[PDB]
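Within every chain, numbering begins at 1; the chains are lettered A, B, ... in the order of the sequence lines, protein sequences first and strands thereafter. All ligand and atom numbering here is 1-based and tracks the order in the structure. Recorded method is X-ray crystallography, 2.6 Å.
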Amino acid sequence: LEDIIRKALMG
Amino acid sequence: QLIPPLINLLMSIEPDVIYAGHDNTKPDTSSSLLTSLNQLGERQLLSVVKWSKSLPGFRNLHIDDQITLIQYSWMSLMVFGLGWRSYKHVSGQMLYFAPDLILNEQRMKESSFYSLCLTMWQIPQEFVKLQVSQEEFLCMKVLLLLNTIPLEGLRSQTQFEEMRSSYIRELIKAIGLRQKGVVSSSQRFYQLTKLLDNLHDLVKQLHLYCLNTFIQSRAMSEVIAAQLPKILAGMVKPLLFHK
Ligand SMILES: COC[C@]1(OC)CC[C@H]2[C@@H]3CCC4=CC(=O)CCC4=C3[C@@H](c3ccc(/C=N/O)cc3)C[C@@]21C
């Protein structure tokens, strides 16, 4: 999920 | 002049109701419940990441710490919210995942993961017993996000410790709203933090169940290598309030 919780933070 | 400003901001940044998009007009099946939990699960995660972006102090932490903290605690955050909704909407008598995904005792027993339902059911029952307030809950939930860090710590370690210290002070204000006495409010603080300390154990139970559920879906060594640090002791560092 590290990629999901990462694209979400930077939006 | 009744509720503290920060506790009120937490309530206002509280994400809206999230639906699982489950169809309750069809007989349940092991897969349709698992399919719905995963759909709802992913939505709630985007919800957590977003909620965090409005949390005083969070964005000021290094981006790598924000990711780490979300990774380390999304399971506990979600199971904590589950408990809260179960506790207030149905008196902790059933698991209130979403308005369209509620599982009572019967539906639990006949859901593919009954033993996992009892484990998660523990949190709502505690809430009932302790009669947890909304102000207390909100402060407790922030602490869950700040309850686990890497063994080596965080890049913004000092900034992080100061954020956690504030929400700890905020939890005490929340307790002070009803528990006026020095000994009483002191005793409740212990009860609420002891509870949070207990989630470290329950949480790995959930990650383990998550992994096994995955193993059974397809019937691999690399997938199990990245999950063990979430179900096993000695890889991350839990911040306990009590020795
Ligand atoms: C049958 O269970 C399968 C699980 O694991 C197979 C193991 C534990 C579940 C989570 C328990 C906490 C929770 C609270 C909610 O508010 C609804 C969803 C939820 C869970 C589910 C879940 C699915 C996906 C995600 C995130 N996706 O990006 C998060 C939570 C399913 C698991 C993890």
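- Notes: drug at ligand 1 recorded as asoprisnil.
- Lab note: main contact partner of asoprisnil (name per the PDB entry) = Progesterone receptor.
- Every other chain with a heavy atom under 4.0 Å from asoprisnil is listed here: A, B.
- Taking only non-hydrogen atoms, the option from B:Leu82, B:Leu45, B:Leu116, B:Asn38 nearest to atom 1 (C) of asoprisnil is B:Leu116.
- Taking any N or O of B:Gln44, backbone or side chain, at least one lies under 3.5 Å from an N or O belonging to asoprisnil.
- Protein non-hydrogen atoms do not reach within 4.0 Å of atom 32 (C) of asoprisnil.
- At a distance under 4.0 Å, a protein heavy atom can be found next to atom 22 (C) of asoprisnil.
- Any N or O atom pair closer than 3.5 Å counts here, and B:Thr213 shares no such pair with asoprisnil.
- Distance screen at 4.0 Å: atom 15 (C) of asoprisnil has a protein heavy-atom neighbour inside the cut-off.
- By its own naming, the entry calls chain A NCoR.
- Intersecting the UniProt progesterone-binding annotation for chain B with heavy-atom proximity to asoprisnil (under 4.0 Å) gives B:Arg85.
- In this structure, chain B contacts asoprisnil chiefly via UniProt domain NR LBD.
- Using a 4.0 Å heavy-atom cut-off, the binding site of asoprisnil is formed by A:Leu1, B:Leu34, B:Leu37, B:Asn38, B:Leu40, B:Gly41, B:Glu42, B:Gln44, B:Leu45, B:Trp74, B:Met75, B:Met78, B:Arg85, B:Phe97, B:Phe113, B:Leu116, B:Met120, B:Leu206, B:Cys210, B:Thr213.
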Starting from the N and O atoms of asoprisnil, collect every protein N/O partner closer than 3.5 Å and put each pair on its own line with the distance to 0.1 Å.
from	atom 1	to	atom 2	distance (Å)
asoprisnil	16 (O)	B:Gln44	OE1	2.7
asoprisnil	16 (O)	B:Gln44	NE2	2.6
asoprisnil	16 (O)	B:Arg85	NH2	3.0

